[PDB]
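Note that the numbering runs from 1 along the sequence shown for the chain. Just so you know, ligand 1 is whichever comes first in the structure, and atom 1 is the first atom listed for that ligand.
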Amino acid sequence: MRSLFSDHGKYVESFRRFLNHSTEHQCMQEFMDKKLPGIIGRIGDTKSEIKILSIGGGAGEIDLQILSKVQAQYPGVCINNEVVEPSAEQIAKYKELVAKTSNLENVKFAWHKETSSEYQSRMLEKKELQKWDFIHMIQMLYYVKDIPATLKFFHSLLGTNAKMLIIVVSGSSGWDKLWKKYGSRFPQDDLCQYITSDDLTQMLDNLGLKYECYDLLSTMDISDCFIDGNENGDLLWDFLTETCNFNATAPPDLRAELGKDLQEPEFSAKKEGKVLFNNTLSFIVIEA
Ligand SMILES: Nc1c2c(nc3ccccc13)CCCC2
């Protein structure tokens, strides 16, 4: 069993199938529309330049949406948005998106090709420490080695009335169950790392930071995962298991318990003849 994250090709295909059969993206859309406003309501107060640091170039369309809400609250104010992404493929895509978008004259972009870690290391070399008004980490901690250290660092980069926003899958979610129980039995990679909003609050508690957590429901239609032979079904399987060609490369003893175990409540809910996997999300905001 080889980690799915080691086959850039498969991954994407799957990831893509994941978005196509989930309310993930719309879920964040709702957060940004009905909650974000009041959250970032004062990060611009008294500043003639609003700085926004985004760690991860995977949700370009979401980043842009954040800008939309920040511009609305602070008309005229120029915005400096830096992006810290390791994947050239991503940055590349991001950029394309920028060029095709309007109402971004009062925004300055700057992409840095590296990891949160590398970025962080560098900064320390600099003598001066630079602050920020808004930091955010959408679905990417999974790929961070030192969470506690990472959290504390960027918190210190927050300026006055600044805020840091983090998104991960919720403790009360299918993923949680899927990992607490089966994890050990899946390919242990050094790149990925199973983490839930739960692991998060404990770390933040022990760190002593003041945060606020919000959960919203999101689903993943895994119906094609019971139709033996279905191509689509196969990809999805690859995703949950974060493994390559899961079926044809895993112990049926296991693939047997899952097939059963997934169609159960604590993992999924049965709807319009559909089997919906609990993809609930958590949004954490941290004060400076
Ligand atoms: N829903 C997601 C999960 C992971 N990464 C993701 C990356 C961005 C979009 C959603 C994601 C890793 C493990 C589990 C779930």
Discussion item. Okay, my options are primidone, tacrine, cycloguanil. Which one is at ligand 1?
Written reply: tacrine
- Message: Hey, quick one: which chain has the most contacts with tacrine (ligand 1) in this structure? I'd like the name as UniProt has it.
- Response: Histamine N-methyltransferase
What would you say the binding site of tacrine (ligand 1) is, if we count heavy atoms under 4.0 Å? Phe15, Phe18, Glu24, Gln139, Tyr142, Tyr143, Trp175, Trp179
**Request:** Tell me which UniProt substrate-binding residues in chain A have a heavy atom less than 4.0 Å from tacrine (ligand 1).
**Result:** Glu24
- Query: What source organism does the PDB entry list for chain A?
  - Reply: Homo sapiens
